[PDB]
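Section: structure with AMG-517.
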Amino acid sequence: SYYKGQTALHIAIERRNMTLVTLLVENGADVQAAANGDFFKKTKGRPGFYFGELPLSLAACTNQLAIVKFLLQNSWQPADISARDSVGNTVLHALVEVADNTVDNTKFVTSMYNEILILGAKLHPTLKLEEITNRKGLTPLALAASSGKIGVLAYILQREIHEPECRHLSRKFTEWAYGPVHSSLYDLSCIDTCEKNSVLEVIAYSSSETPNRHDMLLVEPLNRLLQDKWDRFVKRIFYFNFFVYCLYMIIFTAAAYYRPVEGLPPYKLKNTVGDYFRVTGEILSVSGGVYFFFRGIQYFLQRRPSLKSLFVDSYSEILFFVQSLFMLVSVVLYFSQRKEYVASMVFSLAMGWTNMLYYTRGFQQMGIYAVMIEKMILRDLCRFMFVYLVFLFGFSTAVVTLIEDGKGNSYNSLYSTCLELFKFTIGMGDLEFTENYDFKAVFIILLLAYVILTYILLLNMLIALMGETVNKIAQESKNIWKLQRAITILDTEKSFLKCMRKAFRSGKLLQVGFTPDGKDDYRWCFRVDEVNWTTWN
Amino acid sequence: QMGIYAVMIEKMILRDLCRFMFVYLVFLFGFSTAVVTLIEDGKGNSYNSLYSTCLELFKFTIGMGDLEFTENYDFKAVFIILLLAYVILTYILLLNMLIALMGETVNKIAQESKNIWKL
Amino acid sequence: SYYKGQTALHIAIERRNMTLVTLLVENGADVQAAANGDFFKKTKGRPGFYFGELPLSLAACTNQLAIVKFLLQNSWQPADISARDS
Ligand SMILES: CC(=O)Nc1nc2c(Oc3cc(-c4ccc(C(F)(F)F)cc4)ncn3)cccc2s1
Ligand code: NA
């Protein structure tokens with residue numbers, strides 16, 4: 001319980017009391033404090049600390065090297081390192097759990113992590129502590145990746161260690177070096193393709209809430225690994241797909257332009273050469289439609305998107321799906337004897353053409369443009385649209401009330417006046433479009449006020465804000481594009497899951513170090529050469 | 001003073017204008033083919049040709065276009081919706097995009113333009 | 001060749017070994033190492049160093065004032081400065 005669950009040790013250690021623990025364990029102190037206190041539970045709503053059920057966890061989350069050394073090297077009761085807590089976190093899991101993203105916390109967390117690992121190595125050198133799982137199912141790496149901790153991930157993937165006595169547990173196995181040049185082999189064991197949660201699979205298919213989802217792909221091996229995959233086997237496939245889609249749109253446009261016009265919908269087939277080509281075109285178009293619909297359904301049913309990330313983490317997918325939906329509705333109408341299918345087909349064709357921009361992500365300098373237009377169709381344009389709509393509606397209803405038409409005559413309808421003011425907005429309007437009014441002064445004053453407030457004031461305001469936003473978000477757009485490219489590389493490699501997988505495996509099977517057991521360390525390493533002129537050691 | 005101007009116009013005829021031209025061309029072609037499909041001309045009459053409609057949309061772009069240039073269509077709602085969507089996406093969104101990017105590029109490359117002129 | 005053309009001096013100096021060269025040239029050390037090793041060739045694709053065929057070049061490209069002074073002011077075999085490479 002809260003204070004019936006807190007053993008002497010928890011609150012004991014809490015106040016940095018070495019002497020007290022000395023005594024308490026000299027006589028004997030239990031090291032299995034099942035503190036589930038609402039204060040000390042995982043519950044985030046409760047203001048407290050999830051240092052960990054076990055007391056070693058409490059010593060660790062706090063900057064106490066002495067106690068973390070002592071509790072484990074104390075003559076007896078060296079609390080079992082593989083101590084699954086309520087949620088399952090081992091000591092390292094808790095250490096990752098507490099870590100924040102501030103620099104000082106980076107120092108603290110990484111520094112401790114290393115030392116605890118080496119102590120565990122010495123203690124019982126058969127337990128692979130970094131693979132122990134948690135309730136949800138996640139290794140320490142998986143957690144650092146999902147929750148989002150730049151520092152911890154950086155350390156683990158660049159975890160270079162020394163003191164050969166036991167150095168198997170490292171990442172950056174250095175190789176031949178000759179002057180200012182030096183090779184280097186990374187590990188890439190649980191990064192690319194294996195387990196149930198790879199690092200490069202939880203950094204991309206992750207919600208937008210995770211902090212710096214788009215900044216963790218610059219660590220060290222991830223970046224070059226993705227680019228090596230791209231330059232080798234995910235370049236030709238993407239271009240061929242682009243070609244196929246561009247051909248499909250052309251066939252659809254050809255089928256649409258030559259639509260027969262004579263009679264109500266279901267149209268019989270002639271026996272001319274052209275009429276067969278038309279039917280073929282129609283069949284291909286509907287096939288494309290069904291394909292896209294099923295793709296959308298699968299996407300939505302497997303990677304469940306939330307209501308907020310619906311339009312923040314999936315924009316291309318939604319548009320693909322909606323285009324497919326319009327196509328299918330057109331088809332269902334066309335067979336029901338209704339000539340309203342032209343509208344659905346037209347909308348489908350327009351959106352299909354505008355959807356080519358999904359392929360700009362293969363080229364560096366246009367993906368940025370596409371992402372920028374995305375951001376400012378969700379950031380800057382909506383607000384301006386709303387305010388301008390209020391202005392237009394107000395002035396249009398005013399003028400329509402003023403107009404008389406008791407005699408360019410049917411200008412009473414609100415629609416006509418609204419259209420005239422919009423025409424004012426697009427630089428074609430007329431300042432004397434009607435004369436039926438009864439007071440010229442009021443009409444001119446309203447028109448001039450509208451022109452001042454919308455044409456000259458709001459539009460230049462929008463230009464100013466767009467300039468400011470651009471100068472703010474150039475870099476953010478770049479990063480978003482990088483993440484988008486990573487998404488597509490993963491998707492393309494997966495899509496051939498059934499076709500082939502062997503060739504789709506980066507790295508090379510190297511063997512550099514050895515294990516304390518006395519065996520080899522067969523690891524899939526990947527070279528990254530470097531040159532330095534100041535280290536010189 | 002003027003060599004810098006010439007070099008700047010070169011840089012932005014090889015950097016900024018090409019991309020905008022491509023994207024705008026995609027938009028124009030898509031909406032023009034959509035509208036041309038919608039049009040009927042089963043009765044300002046020979047508006048079936050793709051060329052005439054493309055020219056009309058470009059006229060929209062240069063601030064002279066007309067929002068009721070033809071009446072042969074069969075559904076007014078669809079025609080107006082397409083025209084308004086085009087106007088929102090090209091006239092008000094992309095052009096001010098290009099203004100913003102041109103300003104940013106100028107602020108970035110004043111010095112580069114000077115150096116290129118010296119060379 | 002790569003390691004057959006690599007003379008004792010090249011790898012010798014490489015590790016900042018004064019004493020060693022002292023001895024090696026005290027008895028005598030050739031200063032005409034024709035190291036054309038793919039690693040040590042002008043080839044940029046090969047990750048290595050083009051410090052230069054002769055070993056004085058190796059001493060020079062690396063921050064070794066001592067050896068560049070020595071190899072030329074050593075009692076004998078002051079490697080011909082005008083030593084055209086490959
Ligand atoms: C797979 C995919 O689309 N990727 C991307 N598309 C775009 C983009 O294109 C659009 C087009 C439309 C649209 C809406 C309605 C209509 C109609 F009038 F027909 F109803 C037509 C078009 N809305 C939003 N975006 C603009 C900017 C960035 C990107 S990224
Ligand atoms: Na104008």
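Throughout, protein chains are lettered first and strands after them, A, B, ... in sequence-line order, and every chain is numbered starting at 1. Atoms within a ligand are numbered from 1 in the order they appear, just like the ligands themselves. The structure has been trimmed to a portion of the entry, and contacts are counted only among what remains.
- Every copy of AMG-517 considered, the relevant parts of the structure are ligand 1.
- Those other chains that come under 4.0 Å from AMG-517, heavy atoms only, are A, B.
- Of the residues that UniProt lists as binding Na(+) in chain A, none has a heavy atom under 4.0 Å from AMG-517.
- Under the 4.0 angstrom criterion, atom 30 (S) of AMG-517 counts as lacking any protein heavy-atom contact.
- When the UniProt resiniferatoxin-binding residues of chain A are filtered for a heavy atom under 4.0 Å from AMG-517, what remains is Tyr315(A), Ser316(A), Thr354(A).
- Every heavy atom of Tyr86(B) sits 4.0 Å or more from the atoms of AMG-517.
- Contacts with AMG-517 closer than 4.0 Å are made by side-chain heavy atoms of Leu319(A) only, the backbone lying farther away.
- In the vicinity of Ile373(A), heavy-atom distances shorter than 4.0 Å reach the AMG-517 atoms 27 (C), 28 (C).
- Note: no N/O pair closer than 3.5 Å links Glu374(A) and AMG-517 by distance alone.
- Contact with AMG-517, defined as a heavy atom under 4.0 Å, is made by these UniProt transmembrane segments of chain A (N-terminal numbering): 3, 4.
- Looking at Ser316(A) against AMG-517, both its backbone and its side chain come within 4.0 Å, counting heavy atoms.
- By chain and number, the binding site of AMG-517 at a non-hydrogen cut-off of 4.0 Å is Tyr315(A), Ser316(A), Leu319(A), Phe320(A), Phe347(A), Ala350(A), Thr354(A), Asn355(A), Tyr358(A), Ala370(A), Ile373(A), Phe31(B), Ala85(B).
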